[PDB]
There are 2 protein chains.
Amino acid sequence: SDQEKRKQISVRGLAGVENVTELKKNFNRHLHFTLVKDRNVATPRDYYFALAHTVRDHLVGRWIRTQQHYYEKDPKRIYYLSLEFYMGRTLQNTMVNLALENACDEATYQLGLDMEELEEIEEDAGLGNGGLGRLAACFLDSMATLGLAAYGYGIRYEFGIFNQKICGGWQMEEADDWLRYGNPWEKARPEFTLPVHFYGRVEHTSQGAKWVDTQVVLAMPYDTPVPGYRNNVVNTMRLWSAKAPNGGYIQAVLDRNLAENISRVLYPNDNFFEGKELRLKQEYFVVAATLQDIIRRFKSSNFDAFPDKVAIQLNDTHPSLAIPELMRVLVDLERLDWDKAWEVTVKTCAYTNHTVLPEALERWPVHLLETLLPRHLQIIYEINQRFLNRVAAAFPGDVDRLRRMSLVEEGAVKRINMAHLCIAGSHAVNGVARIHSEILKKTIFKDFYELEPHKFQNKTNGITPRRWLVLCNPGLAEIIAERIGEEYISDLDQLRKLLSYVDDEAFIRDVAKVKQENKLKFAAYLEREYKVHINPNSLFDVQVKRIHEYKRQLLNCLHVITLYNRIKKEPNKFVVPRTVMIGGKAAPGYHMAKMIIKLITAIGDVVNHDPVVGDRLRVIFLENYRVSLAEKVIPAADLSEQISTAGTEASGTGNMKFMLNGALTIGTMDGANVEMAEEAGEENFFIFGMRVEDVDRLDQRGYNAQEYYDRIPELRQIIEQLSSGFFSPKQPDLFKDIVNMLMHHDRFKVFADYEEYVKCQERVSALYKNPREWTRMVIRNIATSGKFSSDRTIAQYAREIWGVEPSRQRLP
Amino acid sequence: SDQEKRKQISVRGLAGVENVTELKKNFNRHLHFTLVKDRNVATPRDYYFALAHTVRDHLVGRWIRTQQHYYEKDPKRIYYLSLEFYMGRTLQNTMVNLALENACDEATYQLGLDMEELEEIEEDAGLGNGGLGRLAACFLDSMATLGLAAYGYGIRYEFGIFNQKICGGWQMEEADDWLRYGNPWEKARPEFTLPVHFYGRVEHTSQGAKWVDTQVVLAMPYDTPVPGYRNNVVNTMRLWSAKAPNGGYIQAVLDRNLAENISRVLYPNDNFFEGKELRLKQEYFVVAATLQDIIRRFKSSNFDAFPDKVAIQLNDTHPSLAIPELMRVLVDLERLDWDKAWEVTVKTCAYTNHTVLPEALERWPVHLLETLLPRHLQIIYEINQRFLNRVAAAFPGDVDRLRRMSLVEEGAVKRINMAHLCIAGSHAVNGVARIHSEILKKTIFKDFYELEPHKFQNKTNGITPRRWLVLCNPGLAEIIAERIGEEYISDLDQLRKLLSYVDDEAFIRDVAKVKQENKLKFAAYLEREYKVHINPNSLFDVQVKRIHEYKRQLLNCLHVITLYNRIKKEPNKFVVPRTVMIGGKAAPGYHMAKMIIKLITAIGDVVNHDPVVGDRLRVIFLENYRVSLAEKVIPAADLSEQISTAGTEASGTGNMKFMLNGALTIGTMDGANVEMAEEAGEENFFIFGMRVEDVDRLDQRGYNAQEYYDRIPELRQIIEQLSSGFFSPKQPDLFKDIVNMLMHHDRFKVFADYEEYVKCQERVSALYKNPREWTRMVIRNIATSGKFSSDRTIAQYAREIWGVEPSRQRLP
Ligand SMILES: CC[n+]1c(C)c(C(=O)OC(C)C)c(-c2ccccc2Cl)c(C(=O)O)c1C(=O)O
Ligand SMILES: CC[n+]1c(C)c(C(=O)OC(C)C)c(-c2ccccc2Cl)c(C(=O)O)c1C(=O)O
Ligand SMILES: *Cc1c(COP(=O)(O)O)cnc(C)c1O
Ligand SMILES: *Cc1c(COP(=O)(O)O)cnc(C)c1O
Ligand SMILES: Cn1c(=O)c2c(ncn2C)n(C)c1=O
Ligand SMILES: Cn1c(=O)c2c(ncn2C)n(C)c1=O
């Protein structure tokens, strides 16, 4: 009796067995009881919510069963700490991974509703800036699919990356109020709310050190379920929210907003460091809370065993404070000896580097750290002293090496090099692509690689074949399925078997049919939502990614102006029709990126209205590029632009998405482009321009953009057009800053790759003129994209870093 | 087909038929699917939520059916506009009104859970300061129970009235974060979000006037269901939330908090005007949005008929801007002629006055109104000019009357008298108790009553017998039920039949048993939650209400010190044991009220620890008095303190709650005390002190507190104790401000009612010495409390103001 009567309370029976009858029944239940509405007044969004709740209900039993499982079994747990999780929409992905997509589709049909229309109501969970944030998301999905006891820990931003609008040809930012109508996926967990301390001071009592007189901010966790692919595994992504603890009474209540501002907005900086204190607060916030929850879970089924049960993976140096924080807790609170604590920390943490550009790396002024986190700065200084002590003993007399490896950067404003802190405190540091990992060992991390070679590894990036194929390209996924089955969805290497169809007329006809369907659908979407008309019988040339100087959208601009100038030159000469699409957001305070977006639209203003050009060349800027737009435009792309200056793009992932969806790649030998060309065969790729050693040689003697301007008539014509106001009649000097940078301050040598790029583009159109051959080369790409599935990347992290074994064994 | 297939989507079948089996089934469903939890990790609060969701599900079918009904039938709609709705908890009230209390109680029993424990997890929706806010709440409940198409419109405050804590004997305020774990009762309605304009300017174009260049703030409505008593009627309370519309990008996103601050906190001022701009914003916010929604509903099944379909009731002058706003919309937007629009407005609005104290009435400086609401000030000036024109024609030559009746108050700071605006723009102005309504006609509103006598009415306040008897006092409700049935719950006048039992030994034994049970329960609650020990065999003397000078808690203080001094004087003389309880909150910036709370605890510090006093007299301050605490302490009260200075308390409602729950009243002839004494018979009451005419006479010759001090030795002793530091040893002069006020600046003549009060208290204890006679007099009170049920008050408002007929006919 009594406590035995609570056995009734169980997950035992849910909404049935996963079919149409019960699904409709539950959709109805949610529409009336959850939305307190009826068919007469239900709005489309209401219907979207009804469906989402019905679908989420299917997650619960598995969600609870999975966490119970990890508790029972107690496997080593993997913690992915990141300040970004670019998740995009969840509805379709959840249905796909639970195998409910067809049933929901039928159920909503019989209820007279259109599921596709409803799925469009859901807005992106854009809690990320780009690559790094999307990778976290692909990683969550792969770890679930691989049966890993993995937890994604981040910040629940009230406002994700701003929604971009184009006004007058310029980018205008708008707050991304994504939680306005609520979030059907998350589940708050008040009982797990934790305190995070700021400021205060440090007093050294008999015992040890004490952090006193601090300002407290509470961290409330919100759980979102992450389902593996049909294995009945549902993992958790825990995002922390800032809550105030509990000039007059009124103002004091209004001021609660100050402490809760911590989790308000995602800093919109992609590959750029801004040392704003609010950002440092967000970083410590997610770290402190996350570590408390990790230790709690560790204590609930001494610290010697911590590394055997815990793996903390740092996505960049953003959550690097986890290293000194873990030490603070172990030494200050758990009273462990410094060295034993240090051993534990290094064995627990592993750091992932995502770039090599100096401006993108974190260097926090010490004054900011001493006022905001006094004891962390003290611990960092002690970590430094003991680390430098080791290099001094390993390289006696090498004082300059000491200076270069120090965690502290002397100068006008003393700063703390976060990347150095991570290497000292992690047992593994990794690059995200073979070429990037190698550059790390030879350049920026060279000193460290010499002191501890074992520490450095490579983990080439990936994307999940679920969201990035099955989800976004059902057509491609089905034709691939009719030939080789469905086992590829969680074994992408099987795509290899498609090579056997390179000469199959049916498959060749199918691949091209699917691509043109997607191109048709995307064109319909653009005209409906933006009243933008694009020629579906043109070659879709697409470059989507954040606007950057290093990504060289500018190089792409030079090419489209060349295409236009050549046409005007020889109007009656035939050219492969092209629809050049460029999309991506610019960080708010990044002037040049904002100038580039304006140049793109400026070019379009001329090109798209020239009667002699007509249907032959259209240049359009895809507004507000985000995960959901990527799922639409990438499957409709013919040519994938991946033209970053060699050695600047650590890896790239969009490149992989394009390859997996039937697009041929034109790019440099940079990041993962190198490994993609190796997998398909360079004969099936469109590699061009300088190689890393080539830019290095150019650097040694000096890059003089004037030389290329003096030597290339076609290039001179374009710059003259830009300078003279040909693309800005009403404001002639509008692009002077772009021209000036190109001519005298181009760190990315655009002019130096112009000629080879244009010629390589000629060969792309030459191949496009032959559909059959274009299609056959596409096949050889898709068939070799298998190594770029995040399941492979994750399996390597697991076995080579975390020390855990992946598994595709389903749960009941 | 197609649209005929959507007929399936219906409320048709819910969680069954309202019994234990299905209830458990649904509680379980909610615990797993709604809370994403299971029995192993479910927290008590989780269980509280599970139950609340299960119960709320029972509301939906009725909720939808009721609104559908009003749409179909299209009755005249009643809109209750108020800046406060003191709703307290909803769980029990919902169960009670739906007749699910027993089933839920059994269902939770079989699931091994304790419903009472779970109900305590829910916190108060304290969106009110006191009487005025509670009245709105009682009114919502009565209008539902009476089958009226009524809508409560207010502001969804993120923070209700602060939670009061006592530290060092003083009140400390804490933000009331009532939405922390969510609100299971409300349902947001994004699709009904509306824009509210501020600042800007007015330009007069050909057509008319235009309000341009304004700052916009969005108003998102949240619906809470309000169930009638077992009639299947569920009405709506719509509360608006502030949302920003859509120094750098980051700061701009953080600054969204400024516009959303509008609905952040409830101003904690009870009976006091503070002209803060943020308050004016809240007032316009609720008015603008509410009126847009009202006109929408009016247009969706010309304006001549507006008054026949709409009734806007102003709870005080807080939402008075509704008058100029309705004119603005009708003239500016709907282009109606001024006079036709004015006719419409007056016929639509009716104003309710709640006080007579000058400091509690609204007078907004014109400079504040011209910058924040330029066109409203213009419309107010035009309303004034035309109103003054009428009085001038009705009283030719009376220029001073013009000056006194003007909506504009000249002087250093020109201001707008809101009360005057309401009288000019309402077809009915009403007081809240017979004596109050009469004072209005003779004093403050005299000029207006002379110009338009038809306009002035009285509507004596009430409380709902559901929350205030059935809910809070099940014991009393049951014994009353076993004698006369249950029809009284919605026909309180039936309580009259209890007079027939005044000499029934069974009933007399029962009434006293129920009261002692409640006294026992309350004592248990106080010791458990506050480790406060109270003698259950003492007479519970209780004064709970907001701390005020006019409510005279100070007079009560003088009495308890007298009780203590008399005991010390004659230690071995027998005295009726008393537990004097005083509770209530002080507005943050109200010094004297804060000094009073400190004096109360100070007195307790001496009294409660004097060994010679022992169990004979205990003085305790009930911390954080709110609706839920009222439901606990009032049913356990023996003596109800209602001692405001005659003519200051417009009506009071707590007085009614005490009478309905078996407590005898000691009070002045003020507010509704007068009508309560009339109903029970003054022989069954404990009326004392000056009458209105007595304070007026004292005012004419001047109030000299020194006279009473010179003439009353016992009074002199107390003041000497206060001044000398007897109740504040460590800080001798701690209460000098209280003494000084009493001696020379007492607007409420405490000293003048001291003697009669003490003597009247003697007669209370004389009666308490005779349980049988005390109980019989209690019976005669409860049996005559029937006129004070809000159902009666509401029925009068309906028939005499709104022009609609109440009804107890159930819906299917
Ligand atoms: C006690 C062991 N855990 C387990 C079996 C969980 C569970 O049943 O979760 C289901 C409701 C999704 C889960 C958990 C525990 C308590 C409150 C809320 C959650 Cl969510 C966690 C966690 O940290 O999240 C566990 C852990 O490990 O400490
Ligand atoms: C179209 C007529 N109304 C009606 C039958 C309602 C209803 O079915 O409500 C149920 C979901 C609780 C209700 C309504 C209408 C549209 C969206 C949300 C609500 Cl809530 C209202 C309202 O203003 O609240 C109605 C009104 O009158 O305009
Ligand atoms: C994949 C992805 C990225 C990263 O793209 P790269 O071209 O590798 O820089 C950025 N944004 C979105 C929305 C993505 O889906
Ligand atoms: C009824 C009520 C009031 C009003 O009480 P009065 O004594 O009439 O001033 C104030 N506060 C609460 C919590 C109430 O329930
Ligand atoms: C110079 N600069 C910036 O100023 C910048 C930026 N991203 C954001 N900002 C503000 N990037 C990438 C950049 O190179
Ligand atoms: C003088 N005074 C105040 O100063 C006050 C108040 N309520 C709030 N405040 C700030 N009351 C009722 C009051 O009489």
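Proteins come first, then strands; the chains are lettered A, B, ... in the order of their sequence lines, and each starts at number 1. Just so you know, ligand 1 is whichever comes first in the structure, and atom 1 is the first atom listed for that ligand. The basis for the numbers below is simple: all heavy atoms, side chains too, and nothing from hydrogens, waters or symmetry mates.
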A.B. asks: What drug do PDB records list at ligand 6?
C.D. replies: caffeine
A.B. asks: At the binding site of caffeine (ligand 6), which chain contributes the most contacts (name from the PDB entry)?
C.D. replies: protein (glycogen phosphorylase)
A.B. asks: Which other chains are in heavy-atom contact with caffeine (ligand 6) at under 4.0 Å?
C.D. replies: B
A.B. asks: In the protein, what heavy atom is nearest to atom 12 (C) of caffeine (ligand 6), and what distance, to one decimal place, separates them?
C.D. replies: B:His548 CE1, 3.0 Å
A.B. asks: Where, taxonomically, does chain B originate according to the PDB?
C.D. replies: Oryctolagus cuniculus
A.B. asks: Using a strict cut-off of 4.0 Å, indicate which atoms of caffeine (ligand 6) neighbour a heavy atom of B:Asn269.
C.D. replies: 8 (C)
A.B. asks: Quick one: does caffeine (ligand 6) sit under 4.0 Å from the side chain of B:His591, the backbone, both or neither, non-hydrogen atoms only?
C.D. replies: neither
A.B. asks: Of all the atoms in caffeine (ligand 6), which lie at a distance below 4.0 Å from a heavy atom belonging to B:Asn271?
C.D. replies: 12 (C)
A.B. asks: Heavy atom to atom 4 (O) of caffeine (ligand 6), shortest distance: which of B:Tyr267, B:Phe272, B:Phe273 holds it?
C.D. replies: B:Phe272
A.B. asks: How is the binding site of caffeine (ligand 6) composed, by chain and residue number, at heavy atoms under 4.0 Å?
C.D. replies: B:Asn269, B:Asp270, B:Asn271, B:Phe272, B:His548, B:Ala587, B:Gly589, B:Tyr590
